[PDB]
J.: 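Below: one structure in structure tokens.
So you know, we letter chains A, B, ... as the sequences are listed, proteins then strands, and number each from 1. Not the full deposit; the contacts listed refer only to the portion displayed. Order of appearance sets the numbers: ligands from 1, and atoms from 1 within every ligand.
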Amino acid sequence: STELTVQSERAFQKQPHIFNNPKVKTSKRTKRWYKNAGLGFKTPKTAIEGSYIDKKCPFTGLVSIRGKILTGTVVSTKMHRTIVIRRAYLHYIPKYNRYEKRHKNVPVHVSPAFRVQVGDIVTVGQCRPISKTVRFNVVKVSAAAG
Amino acid sequence: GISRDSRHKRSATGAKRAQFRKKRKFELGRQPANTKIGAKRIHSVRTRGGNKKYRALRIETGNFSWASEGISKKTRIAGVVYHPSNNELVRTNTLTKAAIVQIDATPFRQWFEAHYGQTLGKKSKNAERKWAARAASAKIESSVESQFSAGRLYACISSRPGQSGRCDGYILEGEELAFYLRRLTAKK
Amino acid sequence: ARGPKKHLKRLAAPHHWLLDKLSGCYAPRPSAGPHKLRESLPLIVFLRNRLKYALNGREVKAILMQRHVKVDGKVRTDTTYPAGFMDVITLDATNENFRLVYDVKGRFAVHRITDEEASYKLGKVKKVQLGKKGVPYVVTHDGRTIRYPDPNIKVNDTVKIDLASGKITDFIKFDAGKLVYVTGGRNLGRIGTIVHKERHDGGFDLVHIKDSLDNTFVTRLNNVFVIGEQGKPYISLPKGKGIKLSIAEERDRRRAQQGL
RNA sequence: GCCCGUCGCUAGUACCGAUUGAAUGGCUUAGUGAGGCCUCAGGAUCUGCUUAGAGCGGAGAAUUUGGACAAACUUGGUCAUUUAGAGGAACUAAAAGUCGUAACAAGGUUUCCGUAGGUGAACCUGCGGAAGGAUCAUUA
RNA sequence: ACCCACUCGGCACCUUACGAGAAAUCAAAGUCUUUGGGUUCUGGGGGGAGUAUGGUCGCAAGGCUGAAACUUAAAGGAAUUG
RNA sequence: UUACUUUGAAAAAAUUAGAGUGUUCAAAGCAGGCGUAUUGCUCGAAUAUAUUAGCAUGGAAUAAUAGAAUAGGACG
RNA sequence: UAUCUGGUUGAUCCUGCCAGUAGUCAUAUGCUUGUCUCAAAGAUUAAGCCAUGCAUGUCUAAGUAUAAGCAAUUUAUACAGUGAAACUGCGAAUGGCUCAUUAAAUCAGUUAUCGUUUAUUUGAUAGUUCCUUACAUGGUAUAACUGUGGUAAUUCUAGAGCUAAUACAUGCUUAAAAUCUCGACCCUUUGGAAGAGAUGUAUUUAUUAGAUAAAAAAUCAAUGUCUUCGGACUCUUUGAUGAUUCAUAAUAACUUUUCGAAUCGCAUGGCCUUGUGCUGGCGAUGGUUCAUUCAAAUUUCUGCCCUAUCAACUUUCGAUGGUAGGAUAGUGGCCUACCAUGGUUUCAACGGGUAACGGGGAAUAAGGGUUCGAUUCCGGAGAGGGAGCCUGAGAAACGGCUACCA
RNA sequence: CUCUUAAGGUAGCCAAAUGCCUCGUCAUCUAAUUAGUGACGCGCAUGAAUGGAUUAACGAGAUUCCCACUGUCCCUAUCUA
RNA sequence: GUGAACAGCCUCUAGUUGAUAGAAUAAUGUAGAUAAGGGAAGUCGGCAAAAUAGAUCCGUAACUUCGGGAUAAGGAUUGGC
Ligand SMILES: NC[C@@H]1O[C@H](O[C@H]2[C@@H](O)[C@H](O[C@@H]3[C@@H](O)[C@H](N)C[C@H](N)[C@H]3O[C@H]3O[C@H](CO)[C@@H](O)[C@H](O)[C@H]3N)O[C@@H]2CO)[C@H](N)[C@@H](O)[C@@H]1O
Ligand SMILES: NC[C@@H]1O[C@H](O[C@H]2[C@@H](O)[C@H](O[C@@H]3[C@@H](O)[C@H](N)C[C@H](N)[C@H]3O[C@H]3O[C@H](CO)[C@@H](O)[C@H](O)[C@H]3N)O[C@@H]2CO)[C@H](N)[C@@H](O)[C@@H]1O
Ligand SMILES: NC[C@@H]1O[C@H](O[C@H]2[C@@H](O)[C@H](O[C@@H]3[C@@H](O)[C@H](N)C[C@H](N)[C@H]3O[C@H]3O[C@H](CO)[C@@H](O)[C@H](O)[C@H]3N)O[C@@H]2CO)[C@H](N)[C@@H](O)[C@@H]1O
Ligand SMILES: NC[C@@H]1O[C@H](O[C@H]2[C@@H](O)[C@H](O[C@@H]3[C@@H](O)[C@H](N)C[C@H](N)[C@H]3O[C@H]3O[C@H](CO)[C@@H](O)[C@H](O)[C@H]3N)O[C@@H]2CO)[C@H](N)[C@@H](O)[C@@H]1O
Ligand SMILES: NC[C@@H]1O[C@H](O[C@H]2[C@@H](O)[C@H](O[C@@H]3[C@@H](O)[C@H](N)C[C@H](N)[C@H]3O[C@H]3O[C@H](CO)[C@@H](O)[C@H](O)[C@H]3N)O[C@@H]2CO)[C@H](N)[C@@H](O)[C@@H]1O
Ligand SMILES: [Mg+2]
Ligand SMILES: [Mg+2]
Ligand SMILES: [Mg+2]
Ligand SMILES: [Mg+2]
Ligand SMILES: [Mg+2]
Ligand SMILES: [Mg+2]
Ligand SMILES: [Mg+2]
Ligand SMILES: [Mg+2]
Ligand SMILES: [Mg+2]
Ligand SMILES: [Mg+2]
Ligand SMILES: [Mg+2]
Ligand SMILES: [Mg+2]
Ligand SMILES: [Mg+2]
Ligand SMILES: [Mg+2]
Ligand SMILES: [Mg+2]
Ligand SMILES: [Mg+2]
Ligand SMILES: [Mg+2]
Ligand SMILES: [Mg+2]
Ligand SMILES: [Mg+2]
Ligand SMILES: [Mg+2]
Ligand SMILES: [Mg+2]
Ligand SMILES: [Mg+2]
Ligand SMILES: [Mg+2]
Ligand SMILES: [Mg+2]
Ligand SMILES: [Mg+2]
Ligand SMILES: [Mg+2]
Ligand SMILES: [Mg+2]
Ligand SMILES: [Mg+2]
Ligand SMILES: [Mg+2]
Ligand SMILES: [Mg+2]
Ligand SMILES: [Mg+2]
Ligand SMILES: [Mg+2]
Ligand SMILES: [Mg+2]
Ligand SMILES: [Mg+2]
Ligand SMILES: [Mg+2]
Ligand SMILES: [Mg+2]
Ligand SMILES: [Mg+2]
Ligand SMILES: [Mg+2]
Ligand SMILES: [Mg+2]
Ligand SMILES: [Mg+2]
Ligand SMILES: [Mg+2]
Ligand SMILES: [Mg+2]
Ligand SMILES: [Mg+2]
Ligand SMILES: [Mg+2]
Ligand SMILES: [Mg+2]
Ligand SMILES: [Mg+2]
Ligand SMILES: [Mg+2]
Ligand SMILES: [Mg+2]
Ligand SMILES: [Mg+2]
Ligand SMILES: [Mg+2]
Ligand SMILES: [Mg+2]
Ligand SMILES: [Mg+2]
Ligand SMILES: [Mg+2]
Ligand SMILES: [Mg+2]
Ligand SMILES: [Mg+2]
Ligand SMILES: [Mg+2]
Ligand SMILES: [Mg+2]
Ligand SMILES: [Mg+2]
Ligand SMILES: [Mg+2]
Ligand SMILES: [Mg+2]
Ligand SMILES: [Mg+2]
Ligand SMILES: [Mg+2]
Ligand SMILES: [Mg+2]
Ligand SMILES: [Mg+2]
Ligand SMILES: [Mg+2]
Ligand SMILES: [Mg+2]
Ligand SMILES: [Mg+2]
Ligand SMILES: [Mg+2]
Ligand SMILES: [Mg+2]
Ligand SMILES: [Mg+2]
Ligand SMILES: [Mg+2]
Ligand SMILES: [Mg+2]
Ligand SMILES: [Mg+2]
Ligand SMILES: [Mg+2]
Ligand SMILES: [Mg+2]
Ligand SMILES: [Mg+2]
Ligand SMILES: [Mg+2]
Ligand SMILES: [Mg+2]
Ligand SMILES: [Mg+2]
Ligand SMILES: [Mg+2]
Ligand SMILES: [Mg+2]
Ligand SMILES: [Mg+2]
Ligand SMILES: [Mg+2]
Ligand SMILES: [Mg+2]
Ligand SMILES: [Mg+2]
Ligand SMILES: [Mg+2]
Ligand SMILES: [Mg+2]
Ligand SMILES: [Mg+2]
Ligand SMILES: [Mg+2]
Ligand SMILES: [Mg+2]
Ligand SMILES: [Mg+2]
Ligand SMILES: [Mg+2]
Ligand SMILES: [Mg+2]
Ligand SMILES: [Mg+2]
Ligand SMILES: [Mg+2]
Ligand SMILES: [Mg+2]
Ligand SMILES: [Mg+2]
Ligand SMILES: [Mg+2]
Ligand SMILES: [Mg+2]
Ligand SMILES: [Mg+2]
Ligand SMILES: [Mg+2]
Ligand SMILES: [Mg+2]
Ligand SMILES: [Mg+2]
Ligand SMILES: [Mg+2]
């Protein structure tokens, strides 16, 4: 997961209404717009200091996290800028006064700010339909396992 | 009519779901108006809840903005050149967003020479007052000046012509100007 | 289902109207109001089912169309008009007035206030924002929007409101230990003071409460209405003053005043 | 005594079955394709602006270019549910027919198993089992 | 190599029922209405029938999987006396 | 760090349970009750419920889970 | 509201089913049938087909009356009482019915809209319109109506002539500033100055602000005041959120330029130079944005019955994702273009069945359960089957239209 | 049980390229079928390397039907060497 | 050259231009063609004739000696620039 100079698309990649003037000159030539997701979620280093665009990123992008916030472990990284999380849970079946183990998979967009891999319990939260299946964005990432 | 529903689609598991109900107006969609250069013709659409969308059909001459100058004048919009989605729009010269068109540069040339006083790219004592102050900001770009020699400038449609009815944009500057240049020459 | 629903069925109506099961299939379906018809009193319910002045459906109209009733200072023609919390309802030819306030069981109580105290009302400021030209504005629970308000007023305050004109006569902020009427919930209709406001980021702040008899209980911030300064409301509460006497305690008081 | 199978008659259920068997519905490849909607047009008639008369604008019917939507017809397939059938081949009912007597006594060749072949019928024989045997037993 | 005592781990055996079971019997077939250490498999009256059908495996004989209609008040186990 | 456990909030009305009340009894209903019965007083319409999910909360047993092994550990 | 009995034998104890018993807001049927209260009822078979009737229409003082309409006798000579028709307005998207589809679908409880639309209702919001010639109020067009007509026939209509508006199309109008540009002429310094435009609101794009947490001196361009040849620098404008590119404001433009009252009813007051001058009362209907209300659309989490004689499924031709666009009221593979190869599954996908609309609930009454829910409430779907659509705030409507099939 | 002459048609198959009666009978196909196919079988006179039954693939072999196709026909006409 | 190709069609080299000839254009022939609507009703029988046809993509049943059946069946495409 190493992104290039990030300007490779048939379209130009820039955050909306972010204009660094050609006439005026600064030390780092172009500006950067990041934000604060809220709910005590640290908007990380790579976002502010990265080159990426990602109009779908929880920061540096046009989405907004509201509603549920969920956890679960990364299953599939195979996609691009989205991933699959697996939230395991039990289920109470009263007749036998016992539990059965169910599970659900959540497709979730992942910012190029974060780096995730098969492993990796990860915190994720819901922002609007971004694509088809995906209602959730990766807002927080811990390490994997031993 | 066209349907925006997600239930004609397949489930993420892949299964094909039975038709649960009929089509309802609020999930509809309508036909693109593929707006091309020409004597202005704009059709009204009666939207949801009344109101109006405006179909761009033939669009010449709409508003454009020179970013760094902070000024906006109206010009002709010759045609398209590039387009990230479909070259078909280039070839057919259709106007949408992200268009990268070419516009009349002359009303954009006039403002400059009647402001900064330098003719572009080669009495009234109250005027030399002003032109004195505004200098030292009077260098634009090597890449933004050269197009004034031709008479047409590189601009990108930022409106949604089939929606608003206006076709508007902003002249290309900075690296964004460079990005589409490295396209036009290394593509065509 | 193709549009707006113009009917209400009996048994689907709000429980706090205390309608009877039989007598019809339908309720009045309050009009589109200042108040949500969920929590609201249609004029017909008040006049006919509470004041017992009107005996009919046709009779309630004969009152209104006789120009009799007003509400919050202004005459109200509408049969189903949804008089809500903290309203006025003046009848000149009967000389009375009523401020609508909840029971300790949670129903709208039939509560007479005098020719004054029906001057002003209280309302909870739901939002405060910037309007056109820069003009700030504020709006109450009942949908009164009041312009150029006090920069101190934020959401979850109350506002004392002159009727015949409008605007704002002082106000009461929201902090520890203020008088509060409970707008809806399990504890709806109770009165108390603020033991704490449990903050919750992303919705549903819990508000701790203590009443005159030192009972504790919690509800939603959205249902917490500030009615004034501790032990001193800004309006006139009815009997029991929202004290929530226990069911066991109730039985005695009924068999107490019952004798000889 | 109990008791097996064939054979013989009476009634009943399902099965196999030539019919490239029928019927109903869903999803469908192909071909064709109404209708309104969008769009390129068209311009019966009627008609305003600047200046008999000429230039530029608006209103608009039939008709029409292209497009998406798309019923539906024809022909195929697929899935479902139901169903006709000469004949075939079972099983089940009803009893004291016919043939013998396989099993129950060491049932008169102990019985039974898997397998294999054979026989009007139960059955008979080969091999390897088991004991649920007719032997819990020959340091003698 | 033999004897003797101890101790694991074996193929069985004997006596007692402490218990258990319908009984025959059982050191487990006990620790079960004082009902739960963990876990796998199967059975749910007798037939019809391991039949029909589909699938699958086999060169084949066959194996694995495996119904329903319908029929029936018994079938059965252990033990007792004849 | 979860699973769990308590308290709560937010839970439609009917319906179930259930308080009250003399529909003549009752099934019901949510009425009613006292009066001076010549321009009247007045208490009601309680209460508790599927226990999964979600939300807030107290609990830290039980059972899980992470943590310094070629130190790439902690600390100022 | 913790029970059992009858039946396999010569008798016996077991296994085991058959049989009995009781309940059912559970249906049919038979026999019988007096009184009060109460009241389910073509769901099941066939969302099969239906002769006829009915079921959606609607006027206040307060849009439009010259009815060859009724009525008194109108101060009523513009109208004025009543009031058919017809115009404009609004509704006809509610109800009521049915359970045919529908198995992650609907639905429930629970979230979301920092992802949209909203008639109405309630609450606020508007001095700005012409520019170089109605404001004592512009223009025509038409229905009803009358009259000449066609067709077997319909809630069919032709053409001839009248006349209205809150219909249709038009269109003036008002304060004081203040900031912007551009700039005739005067001509030196730290130099200036008439008067010519521009500024309501909305539409479209671009850019700017929407900020602060703790304190000190040096830099450059031109000023931003100011005093007395000494140059001083005093002061940073936020509303809200967990969170925004939010509210709101700023500049440059843009627009077949949105709204900015040519509108009705009751009154008849007050002023003075007395012109029918000037000014005035409570109402009704409107209208721009905003909030509100009645809603709508999508949406988070978790939860469905039988089936493996269904084990792999999705990806032609959208299957999963990325970008851009288009379309929508708006998010989104909703659609298109390009690009990647993703997405689901033994924790049971995918497929099949359902004599399946989901739920609130119902029957049964040790506990734990078993069974049912077409059906009074809520949500959903549909109006013979399918699709398409006009009007509209709201419909993919059927007691609306268009087509096909039957 | 008998009988002449050794036995006395088993497994299979069938109106079969083997059946007289015979255009057997039943079903199927058709408006109609001495045709075809499926059955039935005391089979004049099937029947086991005189080989019996089955059989994928193959065939200028014999046979029936279907779709397509057509002057084969209705019903004939015209053109060129 | 076209093409899968020693195919068929046209061509360079080379060899031929030889097969009695002239005039007509009846009938019937021999050989080559086309037919409205119907579509095997023709006939012992579809005899003859007609329809199919290359290539690319798609899809492809029973049965089976598992090798086949298979080009099964059924569809779409095809120039030029
Ligand atoms: N890098 C400079 C800029 O930083 C900006 O972000 C910073 C501030 O502009 C932003 O300010 C927020 C603002 O976003 C929001 N819309 C309104 C809010 N009142 C402001 O302030 C907020 O942050 C400040 C601290 O800066 C706090 O003191 C304050 O309590 C908090 N409300 O908080 C950020 C603090 O680091 C943007 N990311 C972007 O424009 C740009 O990157
Ligand atoms: N009602 C008759 C017809 O129903 C049709 O609709 C049918 C379908 O929508 C639906 O059919 C389903 C089908 O979707 C699904 N994929 C398979 C399922 N077996 C079918 O089911 C149907 O047929 C089966 C028998 O096959 C019946 O047992 C069942 O009751 C019936 N619903 O059920 C309906 C049949 O009742 C059409 N609306 C129309 O042609 C006609 O009205
Ligand atoms: N009767 C009033 C109440 O209705 C409620 O009805 C439920 C639904 O109507 C409502 O559903 C959502 C709601 O969660 C959400 N916050 C707002 C949303 N508009 C609602 O959904 C609505 O739109 C969807 C989609 O078009 C429809 O399918 C649905 O019928 C409709 N109610 O959520 C409610 C609770 O799940 C409940 N039955 C109950 O609280 C109460 O009876
Ligand atoms: N035609 C088969 C039908 O099977 C039905 O049920 C059958 C099975 O569903 C049921 O269970 C069988 C079991 O017998 C067999 N010996 C083991 C097998 N795993 C089980 O199978 C069943 O359960 C497993 C999960 O355990 C599922 O994965 C499987 O799909 C399901 N058939 O047992 C039955 C077979 O004995 C009914 N018996 C009847 O409808 C019919 O017999
Ligand atoms: N395969 C087609 C190829 O093209 C030609 O064949 C085509 C034509 O020659 C042939 O034409 C035949 C005609 O010959 C024959 N004698 C009569 C037939 N009706 C015609 O054919 C056509 O007829 C009409 C249209 O005219 C349609 O109804 C019919 O479907 C069509 N096949 O139709 C053939 C297409 O089906 C050449 N014979 C040959 O190159 C090759 O066969
Ligand atoms: Mg990635
Ligand atoms: Mg569609
Ligand atoms: Mg109402
Ligand atoms: Mg609700
Ligand atoms: Mg029989
Ligand atoms: Mg088709
Ligand atoms: Mg068409
Ligand atoms: Mg039979
Ligand atoms: Mg047969
Ligand atoms: Mg005998
Ligand atoms: Mg015998
Ligand atoms: Mg014997
Ligand atoms: Mg013997
Ligand atoms: Mg013997
Ligand atoms: Mg003997
Ligand atoms: Mg023997
Ligand atoms: Mg024996
Ligand atoms: Mg033998
Ligand atoms: Mg025999
Ligand atoms: Mg046995
Ligand atoms: Mg017990
Ligand atoms: Mg059994
Ligand atoms: Mg077997
Ligand atoms: Mg089998
Ligand atoms: Mg025995
Ligand atoms: Mg009760
Ligand atoms: Mg342990
Ligand atoms: Mg027995
Ligand atoms: Mg019984
Ligand atoms: Mg019915
Ligand atoms: Mg009914
Ligand atoms: Mg309805
Ligand atoms: Mg289904
Ligand atoms: Mg819900
Ligand atoms: Mg006109
Ligand atoms: Mg006319
Ligand atoms: Mg006329
Ligand atoms: Mg903005
Ligand atoms: Mg009003
Ligand atoms: Mg794949
Ligand atoms: Mg399609
Ligand atoms: Mg995308
Ligand atoms: Mg997009
Ligand atoms: Mg969208
Ligand atoms: Mg793939
Ligand atoms: Mg159904
Ligand atoms: Mg059900
Ligand atoms: Mg239901
Ligand atoms: Mg019970
Ligand atoms: Mg119970
Ligand atoms: Mg029990
Ligand atoms: Mg039904
Ligand atoms: Mg049912
Ligand atoms: Mg309903
Ligand atoms: Mg019908
Ligand atoms: Mg209208
Ligand atoms: Mg509908
Ligand atoms: Mg309707
Ligand atoms: Mg319809
Ligand atoms: Mg109807
Ligand atoms: Mg024989
Ligand atoms: Mg012979
Ligand atoms: Mg023999
Ligand atoms: Mg033999
Ligand atoms: Mg024969
Ligand atoms: Mg024959
Ligand atoms: Mg044969
Ligand atoms: Mg023969
Ligand atoms: Mg024949
Ligand atoms: Mg024959
Ligand atoms: Mg035959
Ligand atoms: Mg025979
Ligand atoms: Mg024979
Ligand atoms: Mg004979
Ligand atoms: Mg012979
Ligand atoms: Mg021989
Ligand atoms: Mg021989
Ligand atoms: Mg022979
Ligand atoms: Mg042979
Ligand atoms: Mg062959
Ligand atoms: Mg052949
Ligand atoms: Mg052949
Ligand atoms: Mg042949
Ligand atoms: Mg021919
Ligand atoms: Mg070649
Ligand atoms: Mg060749
Ligand atoms: Mg010769
Ligand atoms: Mg000659
Ligand atoms: Mg000839
Ligand atoms: Mg010939
Ligand atoms: Mg020809
Ligand atoms: Mg012909
Ligand atoms: Mg033809
Ligand atoms: Mg044909
Ligand atoms: Mg023939
Ligand atoms: Mg013939
Ligand atoms: Mg013949
Ligand atoms: Mg031939
Ligand atoms: Mg020919
Ligand atoms: Mg292939
Ligand atoms: Mg095979
Ligand atoms: Mg083929
Ligand atoms: Mg074949
Ligand atoms: Mg081509």
J.: Which drug from the list golvatinib, lapatinib, razaxaban, paromomycin, selatogrel appears at ligand 1 in this structure?
T.: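 From the list, paromomycin.
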J.: Could you peek at this structure and say which chain has the most contacts with paromomycin (ligand 1)? A name from the PDB entry would do.
T.: 18S ribosomal RNA
J.: Counting non-hydrogen atoms only, which other chains lie under 4.0 Å from paromomycin (ligand 1)?
T.: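 By heavy-atom distance, the answer is A, G.
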J.: Name the residues that contact paromomycin (ligand 1) at heavy-atom distances below 4.0 Å.
T.: A/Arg32, A/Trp33, A/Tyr34, G/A211, G/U212, G/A213, G/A240, G/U241, G/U244, G/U245, G/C246
J.: What does the PDB entry call chain A?
T.: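 The deposit gives the name 40S ribosomal protein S11-A.
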